[PDB]
Enquirer: 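I'm sharing a structure that contains progesterone.
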Amino acid sequence: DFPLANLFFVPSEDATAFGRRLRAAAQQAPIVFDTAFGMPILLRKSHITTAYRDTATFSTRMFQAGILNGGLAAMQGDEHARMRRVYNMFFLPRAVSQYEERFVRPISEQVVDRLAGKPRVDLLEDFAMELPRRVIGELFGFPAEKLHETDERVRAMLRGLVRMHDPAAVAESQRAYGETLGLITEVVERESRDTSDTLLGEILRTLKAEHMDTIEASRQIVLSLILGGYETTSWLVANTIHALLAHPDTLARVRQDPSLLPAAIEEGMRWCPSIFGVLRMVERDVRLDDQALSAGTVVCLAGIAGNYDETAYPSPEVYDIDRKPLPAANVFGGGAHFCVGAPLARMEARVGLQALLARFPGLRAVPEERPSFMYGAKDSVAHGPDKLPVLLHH
Ligand code: HEM
Ligand SMILES: CC(=O)[C@H]1CC[C@H]2[C@@H]3CCC4=CC(=O)CC[C@]4(C)[C@H]3CC[C@]12C
């Protein structure tokens, strides 16, 4: 029914190639069948907006088939709303700013410290991944190093959530989750005791108060903070750094005026998104204009296909932090499932980049070796760089 295409697993040293490829496809067809994901990809903005809104027709029930079953993302309707309110409490604005003061800022300074005394580093492994890892460590009360040991299992878990029709990816996802459950069980057990003094402890306490603290619910809260809070957040920071490093005049301006960091992050999400969109399951035969989707089909909403719509964002290939209005983020999903941790991720990007920019006025990309970009970078489910080598000193 749909044209076939390979939208995602395509390397380039041009960070805009991904955004431009999706926009190009959207001009050819509203829906394409991706040969690597093995599912229809919705590219048309009105179709995506409809899909996000009509949750009875476009559900997240595909997540009942894999490792997210039992967690928030797999829930629908009232069960979802009820668990969502619980999660919501911990990402309210005041809670976020409490995290910023009490640990994101000190951790950021510590991470930057470890970069001192070296002439060159890779800001991907040594910053973008380090900072979110240590934040989750703080929320768990467990050493960041412990999470670092899970990197490969974490990425294996995520790959199967996207390519959920691929038996090898799904099996490795399930197996990786099994190989991480000892860890997850240890963390849950510790912070579920009355002696817990961690944010995770407070969350488990809240689930307990609502009589929702089943083994699976508690494990899924930890799983989401790892998959989202650590791995997925890393790529947002990485892409924001690449955008600044690639545009040294904008980087200098941001260093001179760190109040611009929110605009740098948002434009970065338009210009170099780390995620394409979301998955939904079609619950009933539906037609979207001339396109028909059959009940039971799993689809991807590629909300980022509009990031490079020139009629919406002129000169879309230009990383312009001064755009008015600032682009609406498409990397957090939509509808009732819109990412609940996004406020934490956005704050970490700002607070970490501030600490970095202030400490190294000489910060610049190593002008030799260029980052290579693709969806699937480093075996992730992100579009991001393979490395971000910089020079820190003049
Ligand atoms: C740059 C960082 C992040 C990005 C781009 C991101 C992206 C996403 C996306 C695309 C979804 C699917 C939404 C949908 O189906 O509409 C999602 C959901 C979710 N994420 Fe985030 N994530 C990030 C960080 C985080 C963090 C830090 C946490 C935990 C603190 C988190 C926890 C969750 C949860 C629990 C869901 C399920 C929400 C629901 O179904 O209602 N994520 N995220
Ligand atoms: C529910 C949950 O833990 C969240 C936190 C991290 C999220 C994911 C983050 C990565 C992401 C990229 C996509 O394109 C599909 C949705 C996914 C695969 C998200 C699904 C749900 C996740 C796994």
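Numbers in chain A come straight from the PDB entry, and the residues shown are 2-395, in order. Numbering of ligands and ligand atoms starts at 1, following listing order. Atom set for the values below is all heavy atoms of this structure, side chains included, hydrogens, waters and symmetry mates excluded.
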Enquirer: Which ligand entries or polymer chains correspond to progesterone?
Expert: ligand 2
Enquirer: Which polymer chain has more close contacts with progesterone than any other, using its name in UniProt?
Expert: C-19 steroid 1alpha-hydroxylase
Enquirer: What residue and atom, counting heavy atoms only, is the protein's closest point to atom 9 (C) of progesterone, and at what distance?
Expert: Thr233 OG1, 3.6 Å
Enquirer: Tell me the protein heavy atom at minimum distance from atom 18 (C) of progesterone, and give that distance in Å.
Expert: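 Ranking protein heavy atoms by distance from atom 18 (C) of progesterone, first comes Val163 CG2, 4.1 Å.
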Enquirer: Nearest protein heavy-atom contact for atom 2 (C) of progesterone: which residue, which atom, what distance?
Expert: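 Nearest protein contact, heavy atoms only, for atom 2 (C) of progesterone is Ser225 CB, 4.0 Å.
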Enquirer: Check for me whether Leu73 has a heavy atom closer than 4.0 Å to any atom of progesterone.
Expert: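 The answer is no, since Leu73 has no heavy atom less than 4.0 Å from progesterone.
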Enquirer: Might you check, step by step, whether the distance between atom 22 (C) of progesterone and some protein heavy atom is under 4.0 Å?
Expert: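 False for atom 22 (C) of progesterone.
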Enquirer: For atom 8 (C) of progesterone, what is the closest protein heavy atom, and at what distance to 0.1 Å?
Expert: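 Of every protein heavy atom, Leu159 CD2, 4.3 Å lies nearest to atom 8 (C) of progesterone.
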Enquirer: How does progesterone relate to the UniProt heme b site of chain A: which of those residues have a heavy atom under 4.0 Å from it?
Expert: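 Applying the heavy-atom cut-off to the UniProt set, I get none.
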Enquirer: Could you establish whether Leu224 and progesterone come within less than 4.0 Å of each other, counting only heavy atoms on the residue side?
Expert: no
Enquirer: Give the numbers and elements of all progesterone atoms closer than 4.0 Å to a heavy atom of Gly229.
Expert: 5 (C), 6 (C)
Enquirer: Taking only non-hydrogen atoms of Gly278, do any sit less than 4.0 angstrom from progesterone?
Expert: yes
Enquirer: Indicate, as side chain, backbone, both or neither, the part of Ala74 found under 4.0 angstrom from progesterone when only non-hydrogen atoms are considered.
Expert: side chain
Enquirer: Given the protein's heavy atoms, is any one of them under 4.0 Å from atom 4 (C) of progesterone?
Expert: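 Not a single protein heavy atom is under 4.0 Å away.
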Enquirer: So which heavy atom in the protein is nearest atom 14 (O) of progesterone, and how far is it from that ligand atom?
Expert: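 Going by distance alone, atom 14 (O) of progesterone is nearest to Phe277 CZ, 2.9 Å.
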Enquirer: For atom 20 (C) of progesterone, which protein heavy atom lies nearest, and how many Å away is it?
Expert: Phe64 CZ, 4.1 Å
Enquirer: What protein heavy atom sits nearest atom 11 (C) of progesterone, and how far off is it?
Expert: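 Of the protein heavy atoms, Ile276 CD1, 4.1 Å lies nearest.
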Enquirer: Okay, heavy atoms under 4.0 Å: who's in the binding site of progesterone?
Expert: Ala74, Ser225, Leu228, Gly229, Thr233, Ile276, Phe277, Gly278
Enquirer: Dump all N/O pairs between progesterone and the protein below 3.5 Å as a table: atom names plus distance, one pair per row.
Expert:
residue	atom	partner	partner atom	Å
progesterone	14 (O)	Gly278	O	3.3

